[PDB]
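Heads up, this one has 1-deoxynojirimycin in it.
Starting from 1, each residue takes its place in the sequence as its number. Read the numbers this way: they start at 1 and go in the same order the structure lists the ligands and their atoms. For the numbers below, each heavy atom of this structure counts, side chains included, while hydrogens, waters and symmetry mates do not.
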Amino acid sequence: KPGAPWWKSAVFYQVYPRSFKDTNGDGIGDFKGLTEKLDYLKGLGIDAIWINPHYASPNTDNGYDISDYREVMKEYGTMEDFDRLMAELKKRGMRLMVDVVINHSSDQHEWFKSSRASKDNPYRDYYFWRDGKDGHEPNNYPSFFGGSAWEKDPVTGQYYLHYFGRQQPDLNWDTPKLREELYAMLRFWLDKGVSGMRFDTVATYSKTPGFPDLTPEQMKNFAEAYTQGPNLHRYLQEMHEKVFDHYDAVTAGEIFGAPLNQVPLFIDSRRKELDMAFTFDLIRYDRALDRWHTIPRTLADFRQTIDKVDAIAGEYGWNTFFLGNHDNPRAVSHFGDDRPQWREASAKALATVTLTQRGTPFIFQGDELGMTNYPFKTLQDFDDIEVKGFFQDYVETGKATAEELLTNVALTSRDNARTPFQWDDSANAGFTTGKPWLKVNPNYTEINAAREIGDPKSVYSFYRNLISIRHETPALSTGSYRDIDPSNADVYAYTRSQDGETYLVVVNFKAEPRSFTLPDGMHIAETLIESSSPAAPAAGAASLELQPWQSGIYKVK
Ligand SMILES: OC[C@H]1NC[C@H](O)[C@@H](O)[C@@H]1O
Ligand SMILES: [Ca+2]
């Protein structure tokens, strides 16, 4: 003692409700579906669930465009269903983390309908309204979802700001009354017993006074420029002081776009801002600036990025660790090898990495099954507004052909992570009895929960066993982290240590046999678990012979 907070040793599971489990045949997942599957998650060993936005929403961005912060999304159920989900999680000693989207609201939110009525409306300053310049928009800000970040509203002739979709106007945190409304809203959910909140694009809350144009340089990486608002930390510290200081909920911020060196300002516990951070340096380590092309990287880049992110946590900060989420391609497809002969092996290898990283691991729904990217055939197979945005910015402008967009976005699209969870091999993998909102991956015939749960050699069983091991081994949670050799592009090896106990994690990222020599003086003591291994090393081993994609966790001496 002091002991570590429950969130530092917990294993979280991210549920994208819309695609988890449908119970009424409309093809959309819902609260009753998630509730019916809590035993599944409890059995896997999950301590807490983070659910994507579940509030009233027109769904132009699947929940991230909120029209009423105190009502549940019609598609997911009623408040009664949300309350029941809460109660069932508690009966199982599980915690719930909800998504908080307060960088912007839906343009259907009552605040916006009011704001847009006139320049003198009491809600005018709840958003950003500005006069155009030189015949066009206020400045050159681009939107993440296509075109300008400024939309003209003829009702007043001014433009309103939207970093994301035109139906997601940005909230004006410079307005005290708006901040107070957001705080009351957070208390509304916190009073219901919510255990955590994940703050969507938490680094963009502060806008730059005067909205000057982005420089040519900033334009190439506008995501970073939007995180440089001068009042950001003041706002975060105020929110902590006014809200979180009065509850025992964990806060996690999605720091997208921010330079890694600034992350400590968000998570250093002494600053009283956020408890932990979701960074994207790793998950986007091979993504081009335009966000739809990929750039070839090696394990050397992968581990060096992890090393830099871990270092940033220092002694008072804390990181979450994830290899996938609802905005990125599937982990095994992105970091592993999803070819049939290597999918399971690499998926287990990635699981070992995830569950042995320093920080709070988040498992995205389906990754415990080894789900893969989807085989998109036409641009119409994508539902995502972001893909429509790339079409607008790159195809309609003649920068790329529709075929080039398809070829590339098929590998990076958010829709890859949004296909229905594959429960079994019944119609539409047991996700729905109706027509799914997004097509189920045809590989559900071999990749599904029912098939993996009863098989000791499945990806699921491996995740389950890793989660047990993590729970029983303190060092694998809060222990220190040290990369054995940052320049090695074949075998990822590192140690986790705490209170004199040290563990070695070794993962072969190559589809070929490789060798690993332990550091001078270090020797294998015991083997906790291995995947794709014919035999464990013998006690005292000073080196290991690795099979393709083999992974293992060992106690060393
Ligand atoms: O809200 C905008 C953007 N924020 C980040 C979320 O992960 C993503 O799904 C959403 O579209
Ligand atoms: Ca439904």
Quick one: which ligands or chains are 1-deoxynojirimycin?
ligand 1
Chief macromolecule bound to 1-deoxynojirimycin (the PDB entry):
Sucrose isomerase
Measuring from atom 3 (C) of 1-deoxynojirimycin, which candidate in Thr201, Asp200, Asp99, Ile385 has the nearest non-hydrogen atom?
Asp200
How does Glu254 reach 1-deoxynojirimycin, by side chain, by backbone, by both or by neither, if only non-hydrogen atoms under 4.0 Å count?
side chain
I'm curious, what organism does the PDB give for chain A?
Pseudomonas mesoacidophila
Classify the contact between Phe145 and 1-deoxynojirimycin as side chain, backbone, both or neither, using a heavy-atom distance cut-off of under 4.0 Å.
side chain
Are any of the N/O atoms on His326, whether in the backbone or the side chain, positioned under 3.5 angstrom from an N/O atom of 1-deoxynojirimycin?
yes
Run the contact test for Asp327 against 1-deoxynojirimycin with a 4.0 Å cut-off on heavy atoms, strictly below, and give the result.
yes
Can you walk me through which residues contact 1-deoxynojirimycin using 4.0 Å for heavy atoms?
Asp61, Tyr64, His104, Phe145, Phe164, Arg198, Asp200, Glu254, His326, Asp327, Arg414, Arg418
Output, or 'none' if empty, a list of 1-deoxynojirimycin-protein atom pairs in which both atoms are N or O and the distance is under 3.5 Å, rounded to 0.1 Å.
unit_1: 1-deoxynojirimycin; atom_1: 1 (O); unit_2: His104; atom_2: NE2; d: 3.0
unit_1: 1-deoxynojirimycin; atom_1: 1 (O); unit_2: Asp200; atom_2: OD2; d: 2.8
unit_1: 1-deoxynojirimycin; atom_1: 4 (N); unit_2: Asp200; atom_2: OD1; d: 2.6
unit_1: 1-deoxynojirimycin; atom_1: 4 (N); unit_2: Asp200; atom_2: OD2; d: 3.2
unit_1: 1-deoxynojirimycin; atom_1: 7 (O); unit_2: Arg198; atom_2: NH2; d: 3.1
unit_1: 1-deoxynojirimycin; atom_1: 7 (O); unit_2: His326; atom_2: NE2; d: 2.8
unit_1: 1-deoxynojirimycin; atom_1: 7 (O); unit_2: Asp327; atom_2: OD2; d: 2.3
unit_1: 1-deoxynojirimycin; atom_1: 9 (O); unit_2: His326; atom_2: NE2; d: 3.0
unit_1: 1-deoxynojirimycin; atom_1: 9 (O); unit_2: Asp327; atom_2: OD1; d: 2.8
unit_1: 1-deoxynojirimycin; atom_1: 9 (O); unit_2: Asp327; atom_2: OD2; d: 3.4
unit_1: 1-deoxynojirimycin; atom_1: 9 (O); unit_2: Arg414; atom_2: NH1; d: 3.3
unit_1: 1-deoxynojirimycin; atom_1: 11 (O); unit_2: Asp61; atom_2: OD1; d: 3.2
unit_1: 1-deoxynojirimycin; atom_1: 11 (O); unit_2: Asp61; atom_2: OD2; d: 2.5
unit_1: 1-deoxynojirimycin; atom_1: 11 (O); unit_2: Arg414; atom_2: NH1; d: 2.9

